[PDB]
Amino acid sequence: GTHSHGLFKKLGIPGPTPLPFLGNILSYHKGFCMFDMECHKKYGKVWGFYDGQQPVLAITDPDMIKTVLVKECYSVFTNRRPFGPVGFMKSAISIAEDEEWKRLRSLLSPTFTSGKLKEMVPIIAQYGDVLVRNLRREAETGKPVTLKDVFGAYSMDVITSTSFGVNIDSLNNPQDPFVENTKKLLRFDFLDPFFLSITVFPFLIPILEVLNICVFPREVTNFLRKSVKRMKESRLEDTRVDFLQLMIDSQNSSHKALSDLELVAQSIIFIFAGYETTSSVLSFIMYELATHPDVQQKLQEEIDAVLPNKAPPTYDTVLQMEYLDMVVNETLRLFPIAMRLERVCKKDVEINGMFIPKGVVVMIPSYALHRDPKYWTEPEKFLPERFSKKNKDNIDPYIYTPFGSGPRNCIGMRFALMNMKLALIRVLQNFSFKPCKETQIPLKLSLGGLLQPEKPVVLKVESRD
Ligand code: HEM
Ligand SMILES: CC(=O)[C@H]1CC[C@H]2[C@@H]3CCC4=CC(=O)CC[C@]4(C)[C@H]3CC[C@]12C
């Protein structure tokens, strides 16, 4: 019948012996991260395992990784692992493949330049202020703050705004249908029963498509696909520096420009990529700043220096802040929320020594590499100075990859970084953050399939009066 599980040893690559049907998925009770590091402790440079009958080949040599992500990104390693029933979200850039992906990447790239980003800063800066007013109250309240709630609220405020021009306080408007629906767009947990099932029975994905059962909830994609050219139509033609307009502007004068539907797919996929990723990283950073008041006041002092008497951050004053950037990247080292980068091997190739067969998912265990002893001194420590100017080129760009690498890295990187930084500055420009003993110390990751804390982060918030 199926004859998948013989592949790696038959070519000479080590790995945990698979079970019939299951492959190695029982080994996921630990979680992706724990599983990945333990594999690297025991098989070294390269190993192989099976998500069901699907061969996954892990790699950890930096120029082999450069090779996959950059080298023949186009010729061989262009797409990611198909993962569940996707419906029309087939057209979203992150999900699209080969030429359609290359088309969308090119069509969507100009929208993410540093230029258009400088023009989005005032919009998103505004919701820094909104966050502060919303944080004042729960600080002064007395009681601890659940960070993913006040950052979830910020991330959304900033998403609706730069995506559709929609200007709302998500926190204080929880039924605004436009807020209500978009919270359901959380990140996928590939260790969920559903997805695990899908992994074992991939021959059930086409079954779900028929039934229109979809990993993006029907009701949520229905409401935004509706909102979009409710608004792409003449609320627009009254005549917005945002994502939607830039995509509209590129339907209006190379290869065939953005479809109407393909545009909505993008709008949606942007939300999905940017909402819970941003809010998560922000929680992780605020956790670190709380449990290292060493870093927190040093940063607060950098912020006041660049921005005296609560001066409002600009594009340039942000890029200026070197210790802030140090804080941001060190937290992404410890908590790379993608965990893994993956590419599907389109053809038989041999990359710096070893032959990869067509069909193998080539995987880069980012979480593991970020906590590797060979490239990192004291990997478990929160130590921003590893990213100090100098001391930071020892650092291989192919070992440290919180946003991936090559032509298919995170399109939203400069934005995500800018967005997070504008939050941090205004929040630190007004408050301090300290442990309560509801605060889990030390902090544990979920054993699940999302990089997120065991229990949500709660902290004491004080005004700098
Ligand atoms: C802290 C925030 C974020 C992190 C850490 C992050 C991380 C990542 C990673 C690791 C990848 C995979 C890249 C690869 O496989 O090499 C990715 C892809 C992607 N990200 Fe981000 N992301 C963040 C925020 C955002 C934002 C704000 C947006 C959009 C506004 C975004 C849009 C995308 C898209 C569209 C892709 C797929 C790109 C493609 O298929 O060509 N992400 N992200
Ligand atoms: C947590 C998560 O990743 C979400 C994304 C897709 C979601 C699934 C989508 C399909 C689905 C339909 C149902 O009627 C029950 C819930 C399930 C089985 C969902 C369970 C939770 C999932 C797996």
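Heads up, chain A uses the PDB entry numbers, so what you see runs 26-264, 268-281, 286-497. Looks like X-ray crystallography, 2.5 Å, at least that's what the header says. In each ligand, atom 1 is the first atom listed, and ligand 1 is the first ligand listed.
At ligand 2, of azapropazone, gliclazide, althiazide, progesterone, timolol, the drug present is progesterone. Going by contact count, the macromolecule most engaged with progesterone is what UniProt calls Cytochrome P450 3A4. Within 4.0 Å of progesterone, judged by non-hydrogen atoms, the site holds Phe213, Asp214, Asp217, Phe219, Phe220, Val240. For atom 13 (C) of progesterone, the nearest protein heavy atom lies 4.0 Å away or farther. Result for chain A: of the UniProt heme-binding residues, progesterone comes within 4.0 Å (heavy atoms) of none. The shortest N or O to N or O distance between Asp214 and progesterone is below 3.5 Å. Among all non-hydrogen protein atoms, the one lying nearest atom 1 (C) of progesterone is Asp217 OD2, 3.8 Å. Entry annotation: chain A, source organism Homo sapiens. Listed by number with element, the atoms of progesterone under 4.0 angstrom from any heavy atom of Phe220 are 3 (O), 5 (C), 23 (C). At the top of the distance list for atom 18 (C) of progesterone, counting protein heavy atoms only, stands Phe219 CD1, 3.8 Å. When only non-hydrogen protein atoms are considered, atom 9 (C) of progesterone lies nearest to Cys239 O, 4.1 Å. For atom 6 (C) of progesterone, the nearest non-hydrogen atom of the protein is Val240 O, 3.8 Å.
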